[PDB]
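So, a structure with FK-866 in it.
Chain letters run alphabetically, one per sequence line, in listed order. Residues displayed in chain A correspond, in order, to the PDB entry positions 8-43, 53-487. Residue numbering for chain B follows the PDB entry, covering 8-42, 53-486 in order. The basis for the numbers below is simple: all heavy atoms, side chains too, and nothing from hydrogens, waters or symmetry mates. Indexing begins at 1, ligand by ligand and atom by atom, following the structure's order.
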Amino acid sequence: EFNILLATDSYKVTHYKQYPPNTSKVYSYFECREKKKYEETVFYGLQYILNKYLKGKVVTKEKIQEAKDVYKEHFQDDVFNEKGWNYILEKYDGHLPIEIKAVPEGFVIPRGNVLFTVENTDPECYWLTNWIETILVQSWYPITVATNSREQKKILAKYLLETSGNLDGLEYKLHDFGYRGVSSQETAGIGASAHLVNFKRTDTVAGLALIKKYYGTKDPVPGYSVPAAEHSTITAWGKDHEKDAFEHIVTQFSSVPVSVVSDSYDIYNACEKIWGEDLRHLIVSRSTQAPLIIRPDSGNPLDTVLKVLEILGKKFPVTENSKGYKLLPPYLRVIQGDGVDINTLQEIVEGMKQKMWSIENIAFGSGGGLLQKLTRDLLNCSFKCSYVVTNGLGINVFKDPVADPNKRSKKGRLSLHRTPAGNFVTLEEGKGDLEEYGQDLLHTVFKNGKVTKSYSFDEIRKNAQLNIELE
Amino acid sequence: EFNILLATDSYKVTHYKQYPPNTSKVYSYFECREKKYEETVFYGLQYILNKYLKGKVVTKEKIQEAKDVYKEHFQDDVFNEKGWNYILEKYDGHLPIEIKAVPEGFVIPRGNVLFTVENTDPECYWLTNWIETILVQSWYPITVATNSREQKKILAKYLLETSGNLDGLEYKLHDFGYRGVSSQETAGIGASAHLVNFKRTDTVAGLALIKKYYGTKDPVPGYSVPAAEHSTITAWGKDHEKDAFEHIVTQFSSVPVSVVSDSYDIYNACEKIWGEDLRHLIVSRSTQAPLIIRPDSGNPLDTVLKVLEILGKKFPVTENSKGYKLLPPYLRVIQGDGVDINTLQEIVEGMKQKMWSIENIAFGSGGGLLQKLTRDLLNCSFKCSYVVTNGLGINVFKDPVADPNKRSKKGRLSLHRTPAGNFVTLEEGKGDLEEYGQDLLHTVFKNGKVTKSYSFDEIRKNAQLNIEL
Ligand SMILES: O=C(/C=C/c1cccnc1)NCCCCC1CCN(C(=O)c2ccccc2)CC1
Ligand SMILES: O=C(/C=C/c1cccnc1)NCCCCC1CCN(C(=O)c2ccccc2)CC1
């Protein structure tokens, strides 16, 4: 069973001996710190952490003793605030005397703004605010996946609008293939859920149960999949029987969309001769609601996409749409799901545009790039103390390292506001109290062991919409 | 609760309908495919077998849940309810799978078979690749362990060169990665992988994983040290940094303590606060309880070098037997910002050029150690190599025309020692020719049971550096 006393950076066990004596309040905040582009971030995932790990009776006698026993050996020393944890157990029935205020989930906020704040609600528990830094900072991951996924949606929207005149099907154009490429089962659920903030297609099934339990949707499920082959279901037929494999698979899935990985031996042969000639009659007969989707999976991603489109365009009836771009027949599409990240996605769609191929023709799968190849420094997600009360006097505190101004933190009590022009601003030094800037956009989401304000996944999706979708 | 029927890539739900009719066996293998990182540490499969694959993993309720979810997820009924029911009824929900693997902690060159998977009941031909997704997640502990060991090699080389020995090596790279990983579960897994090579970690989650799944003779596999963070310095107020420092070193007067010193001005902190105002509180400390000064910003090499130059003029420096400079034993440095395998190399080489012993310093690494890694780094990959259809075995493989690096191995595989004592993987069942001695893979899982396992102490032994041995 999870033990919050064993869920912090080891050194934090020692911090109750380090704060100034007579400190009754430690107040800290989280931001995606600005860096001298990812200019705005999607706030998502705190609600998961609050419910799974922080709410309710999280301290017990047994948990205190287990931590005491572990830390004794881990430090080869007795440092450990047994009395402080005892206090929470006795006085609050093991509920954390902490108040957390946050911007609503799904909100899209520029870099360098306060996203949430954390403070103790009992003077005895001044040490607790930063104890939970470690667990709360892991919110970096769903924030960063959701943000990077949204930035890819923006690229897709731009090019789809340019080459087709509308955004039909945008939400299906980036498909999560990342389950095997993430570091754990828990990470898979969290990351998949964050991608679904922006899109509707995923093979990372773990995201579904996460969303159902912690957020919820009106619809039965938040994400969808489609039948598809893997190399094993092709190669198992034998090298001389690739066509037999293709024929069997498209016939098994004759009335639903089906993707068939076509690069086991020679992608270009498969497109030109197997799909384009030998099995063409099984493809041109298909429904618009049940296309064949050809899936390359190797080679230079742009070069391969372009050559695949070139081959198909000569074997199948191509039209030119109202924008002047080439369009495959509706029973045939392509998905590129190898080596796709935000940079290569851009290169591919721009390449297609230059060769006059509509983005209607293609969708993308992304695995490692979408869910794993991300770190906490991408958006500089960071948690810092900005205000303490010592001997009954509040003081505004901060770091400001001489050699790195980018690491300077904010001072004092903070609030987030709309500007007169409709943008965002973070007020420092308790200045929000002057009420010159309308209401604080941070809301209490956690107080004294209870989750006080929750968002459905539908609300989050609405909050994270692109401007172009709004238009 | 975990449900293995909902723990695969969605498209694999549809694969039972795509294999050749009358297929009775699907046999697959995992390798770190050949294309830096010439050899990999095999670690973490045992965690997966015990936590997710062993025992009764199918129930009626689990089957109904998955059926209900997939109906909505596909907007269609494609789920193999019959196949999962067969496992439940015939085997009391235990997986009819056999997995063979190299021993954990083993250090093996790229492009070798590390484990194999096959069904033990013809009805369950589809099950081999159902569990691809979970098993392939072993990439992460393999990669963390491997990259951590590569850093130990660097530290070993330079500590040996600058000091003449390896004393303390296992304390020189400290895991700071807990906040920087993607989840609690990842934290435990990755921290445990670093502990294959080192003994210091602030990622507490790894201790419990190791105790539950591997075990050590010692009470715990990893250790920590008291240390400040910016909040315990800055809370004192900007004009009271000296007060914070004094309080902290006085509270921790008889144990090692690290104190982050760059809140406002690292160079001032070192030269004036530690080097002058509080010097008397440092030179009185025990060799068993040094002050460790922690910079945390600026260019990592430049800042380490300047910090060392400052301390060397404020404190008595000696020259060790190798000709390198050494701080007094009550004073050390830890650099824990921006450290990855590349910057680690740059720092120690820069220290060596300026005649500073590696004895003076340790490294903390967070995102670099536990998060900034992908499955592409070692090309960790699972592929089918052998099938039996209509009673005939067939060697199968992929070999994409545009990328020879993605070519996979053919047929039944085995791992052997060569005459020179190296590893070789034999394909096409050739291990059965008995020209290369015994298969080095062992059966680790069979029909719901873990059949062979390793303590964390043995894993550490297997993962030792040549220089250590
Ligand atoms: O190939 C796999 C999964 C592979 C996988 C999974 C997991 C791990 N590793 C690999 N899944 C098949 C997805 C095919 C979906 C198609 C794409 C083309 N398409 C559009 O572009 C579109 C047309 C009209 C409107 C909107 C979009 C129509 C829908
Ligand atoms: O500063 C932190 C943690 C900060 C943190 C944690 C978590 C997250 N984010 C930040 N931990 C302090 C560790 C200090 C250990 C010292 C290093 C110097 N040293 C040697 O080099 C050595 C000398 C002789 C023999 C062997 C080694 C002696 C041991």
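Per the PDB entry, the macromolecule in most contact with FK-866 (ligand 2) is Nicotinamide phosphoribosyltransferase. With a cut-off of 4.0 Å on heavy atoms, the other chains touching FK-866 (ligand 2) are A, B. With hydrogens left out, the protein atom closest to atom 6 (C) of FK-866 (ligand 2) is B:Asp219 OD2, 3.2 Å, a heavy atom. Proximity to FK-866 (ligand 2) (heavy atom under 4.0 Å) is shown by these UniProt diphosphate-binding residues of chain B: B:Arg196, B:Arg311.
The deposit credits the origin of chain B to Homo sapiens.
Interface atoms of FK-866 (ligand 2) facing B:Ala244, defined by a heavy-atom separation under 4.0 Å, are 1 (O), 2 (C), 3 (C), 11 (N). Within the structure, the closest approach of B:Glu246 to FK-866 (ligand 2) does not fall below 4.0 Å when heavy atoms are considered.
Counted by heavy atoms under 4.0 Å from FK-866 (ligand 2), the UniProt beta-nicotinamide D-ribonucleotide-binding residues of chain B that qualify: B:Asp219, B:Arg311. Both the backbone and the side chain of B:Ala379 come within contact range of FK-866 (ligand 2), each with a heavy atom under 4.0 Å. Taking each of B:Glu187, B:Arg217, B:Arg349 in turn, the one with a heavy atom nearest to atom 29 (C) of FK-866 (ligand 2) proves to be B:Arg217. Looking at B:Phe193 against FK-866 (ligand 2), both its backbone and its side chain come within 4.0 Å, counting heavy atoms. Within a 4.0 Å radius of atom 10 (C) of FK-866 (ligand 2), the protein has at least one heavy atom. Polar contact check, B:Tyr188 against FK-866 (ligand 2): no nitrogen or oxygen pair lies under 3.5 Å apart. Residue contacts with FK-866 (ligand 2), taken as heavy atom pairs separated by less than 4.0 Å, involve B:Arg196 solely via side-chain atoms from C-beta onward.
Taking a distance limit of 4.0 Å, we find that atom 26 (C) of FK-866 (ligand 2) is approached by some protein heavy atom.
Regarding atom 1 (O) of FK-866 (ligand 2), its nearest protein heavy-atom neighbour is B:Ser275 OG, 2.7 Å. Heavy-atom proximity to B:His191, at under 4.0 Å, picks out these atoms of FK-866 (ligand 2): 13 (C). Shown in contact with B:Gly185 at under 4.0 Å from a heavy atom are these atoms of FK-866 (ligand 2), numbered in order with element: 25 (C), 26 (C).
Considering both main-chain and side-chain atoms, B:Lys189 comes within under 3.5 Å of FK-866 (ligand 2) through a nitrogen or oxygen pair. The backbone of B:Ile378, and not its side chain, has at least one atom closer than 4.0 Å to an atom of FK-866 (ligand 2) (non-hydrogen atoms only; backbone = N, CA, C, O). The binding-site residues for FK-866 (ligand 2) (non-hydrogen atoms, 4.0 Å) are A:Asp16, A:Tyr18, B:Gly185, B:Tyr188, B:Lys189, B:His191, B:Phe193, B:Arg196, B:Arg217, B:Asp219, B:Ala244, B:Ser275, B:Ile309, B:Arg311, B:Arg349, B:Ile351, B:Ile378, B:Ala379.
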